[PDB]
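The structure appears right after this line, and notes come after that.
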Amino acid sequence: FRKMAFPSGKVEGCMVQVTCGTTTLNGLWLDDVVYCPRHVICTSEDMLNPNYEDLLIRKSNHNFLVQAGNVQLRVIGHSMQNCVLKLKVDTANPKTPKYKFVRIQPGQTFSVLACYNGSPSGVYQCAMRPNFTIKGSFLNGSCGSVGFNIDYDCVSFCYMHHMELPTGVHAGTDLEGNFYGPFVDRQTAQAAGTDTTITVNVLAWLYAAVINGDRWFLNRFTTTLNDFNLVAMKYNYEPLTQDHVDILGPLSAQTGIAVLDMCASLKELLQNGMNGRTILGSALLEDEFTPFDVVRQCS
Amino acid sequence: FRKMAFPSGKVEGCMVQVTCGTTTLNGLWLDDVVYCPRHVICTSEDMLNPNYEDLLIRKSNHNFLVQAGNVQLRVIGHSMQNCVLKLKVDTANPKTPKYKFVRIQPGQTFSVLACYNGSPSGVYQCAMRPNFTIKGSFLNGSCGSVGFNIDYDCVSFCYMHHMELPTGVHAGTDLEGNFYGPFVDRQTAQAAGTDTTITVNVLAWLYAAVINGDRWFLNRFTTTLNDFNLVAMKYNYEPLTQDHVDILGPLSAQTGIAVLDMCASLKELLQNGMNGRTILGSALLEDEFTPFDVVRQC
Ligand SMILES: *[C@@](O)(CO)[C@H](C[C@@H]1CCNC1=O)NC(=O)[C@H](CC(C)C)NC(=O)c1cc2c(OC)cccc2[nH]1
Ligand SMILES: *[C@@](O)(CO)[C@H](C[C@@H]1CCNC1=O)NC(=O)[C@H](CC(C)C)NC(=O)c1cc2c(OC)cccc2[nH]1
């Protein structure tokens, strides 16, 4: 049981390079539109406090160098959707897959294809933290990198990368250009809200450990759902809903461990610690596997 | 600092399924050859104690169903090399990347593209353990999934999946069909040697910690490589080879910390513990980041 990402081939066939002036970053080429972060039009001076509509109107179609591999594509139009720039090109991407743009909720996961200069560099899995950051690996020039999920050769794009907070976590937008969280595409040091742990995900991961023969954390006790949430919120865990309980059903039936039994086990682990032991190799309670993630991988 | 796979699409373009009777696994289609585990020719009952040479004499080119998607590729030749079947087909794969077959060393990492019925399913990073197993995630129908590294648009194929040991780790061959480790493609309970900590990767991790300013563990002493190997074995840590010292070179140069000085720092960590302190936030020493992986992320 490892953190598994979706195969990235369908998304690699879409990453291009977008250059405006001195600024370079990645774009996503679907059909005859190239999507990228709008701050590619900014100078270093602009980025301190940019007026984007104002800065964009002074731009021409020919200010934008879009390169797909070696081939350069000609921009025949440009418009802005929130923090995302849409560049119209005169050529449709033949590798465009069946796609959709979604906005994911906190706690859900996606694969991140990290690109630099329009070249895919690596893929890994991430979750939308409850404070709307993501704990990624992104260096300089990774803006435009997108996150996504795949459902029967339909790619749901849910994230485009824009910034690293001073704490080392990352922030970005959906493909409509709306940031996840209270962040703004300005060159300013920005803090996030207090992060919390994704509870339904930690439980899904405990189930995965049992399905794989780890049971040392289990116990005899049970807890009411409200009493578990009292302890949970004390340790900065998100509360557990009845929906979350049903989402976990399969894993409960698969293992024969009732959700509320699994909540007693997790409750003790938060009160007692792990005593130096490990679960599925981790010394920490892991919260970036969703129940579906676990289900898909174990069956 | 996280586990990060290579992009998988260059390998996706080469996954097909190979079927004999009712045994289906995955195969690897490069030019006009398809590579897959030879036990595809076995019925489940022959797998218990197969005679691959006897079994192969009775199969013919028309016993092999190779499908790219729902599309059949006609098999026009077949040979067996070690534990892999090599099926010559009548179409060169137009998505064939530039590629090589390489046999990796324990400690090295690669990406795995888990496949089922010739359809990619997921991708993740593995390290070859010193006991020649890997801690993968494979289900039924995963055999023939491959592991690979990419350097400068060149895919180096290094692993092909054959089995799950009772302990739940996995084992397989290089792309010439030679098992990593003392395992055999028989349907049988097999046991790997005791695992050990991958020292070269632990040292890579300490370099990573220094690059990011976490360097409390740097000590004032040095060591010889023979002495470090001897003590490390006493803590269940792999000895270092000359090649291990060399692939540590760029990280040694970037930090100014000589390799044998960093060994003495690790030796002190081994004999005195971490004293509740952490390194890169963690209390455990991480051993599945090669020096390449550390640089690749900096
Ligand atoms: C994109 O590459 C931008 O073209 C870049 C990616 C980050 C660079 C280092 N690692 C990355 O993930 N993004 C940025 O530089 C963004 C640009 C904004 C959205 C206009 N800015 C930041 O990530 C940023 C700014 C500041 C800051 O200011 C002052 C202070 C502290 C942190 C910080 N991060
Ligand atoms: C391939 O899918 C098979 O073509 C399959 C993959 C494993 C199934 C579960 N997870 C996997 O990684 N491989 C096998 O089933 C192989 C087939 C051999 C090479 C003929 N066998 C095993 O992995 C196997 C057999 C036995 C066993 O026997 C008895 C006892 C214990 C473990 C075990 N593993």
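The sequence lines are taken in order and lettered A, B, and onward as chains. Chain A is numbered as in the PDB entry, which gives 3-301 for the residues shown. The residue numbers of chain B are those assigned by the PDB entry, with the residues present covering 3-300 sequentially. Per the header: X-ray crystallography, 2.2 Å. Order of listing sets the numbers, starting from 1, for every ligand and every atom in it. What's counted below: heavy atoms across the whole structure, side chains too, no hydrogens, waters or symmetry copies.
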Most-contacted chain for ligand 2, named by UniProt: 3C-like proteinase nsp5
Name of drug found at ligand 2: PF-00835231 (bound form)
Contacting chains for PF-00835231 (bound form, ligand 2), heavy atoms below 4.0 Å: B
Any N/O pair B:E166/PF-00835231 (bound form, ligand 2) closer than 3.5 Å: yes
UniProt domain (most residues in contact with PF-00835231 (bound form, ligand 2)) of chain B: Peptidase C30
PF-00835231 (bound form, ligand 2) to chain B UniProt active site: nearest residue, heavy-atom distance: B:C145, 2 Å
Shortest reach to atom 2 (O) of PF-00835231 (bound form, ligand 2) by a heavy atom, considering only B:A191, B:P168, B:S139, B:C145: B:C145
Nitrogen or oxygen of B:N142 less than 3.5 angstrom from that of PF-00835231 (bound form, ligand 2): no
Ligand-residue contact atoms, PF-00835231 (bound form, ligand 2) with B:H172, heavy atoms, under 4.0 Å: 12 (O)
Ligands/ions within less than 4.0 Å of PF-00835231 (bound form, ligand 2): none
Under 4.0 Å to a heavy atom of B:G143 - the qualifying atoms of PF-00835231 (bound form, ligand 2), by number: 2 (O)
Covalent attachment site for PF-00835231 (bound form, ligand 2): B:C145 SG
Side chain, backbone, both or neither: B:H41 near PF-00835231 (bound form, ligand 2), heavy atoms under 4.0 Å: side chain
The one among B:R40, B:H164, B:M49 that brings a heavy atom closest to atom 14 (C) of PF-00835231 (bound form, ligand 2): B:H164
Source species of chain B (PDB): Severe acute respiratory syndrome coronavirus 2
Under 4.0 Å to a heavy atom of B:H163 - the qualifying atoms of PF-00835231 (bound form, ligand 2), by number: 6 (C), 11 (C), 12 (O)
PF-00835231 (bound form, ligand 2) binding site, heavy-atom cut-off 4.0 Å: B:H41, B:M49, B:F140, B:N142, B:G143, B:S144, B:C145, B:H163, B:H164, B:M165, B:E166, B:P168, B:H172, B:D187, B:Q189, B:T190, B:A191
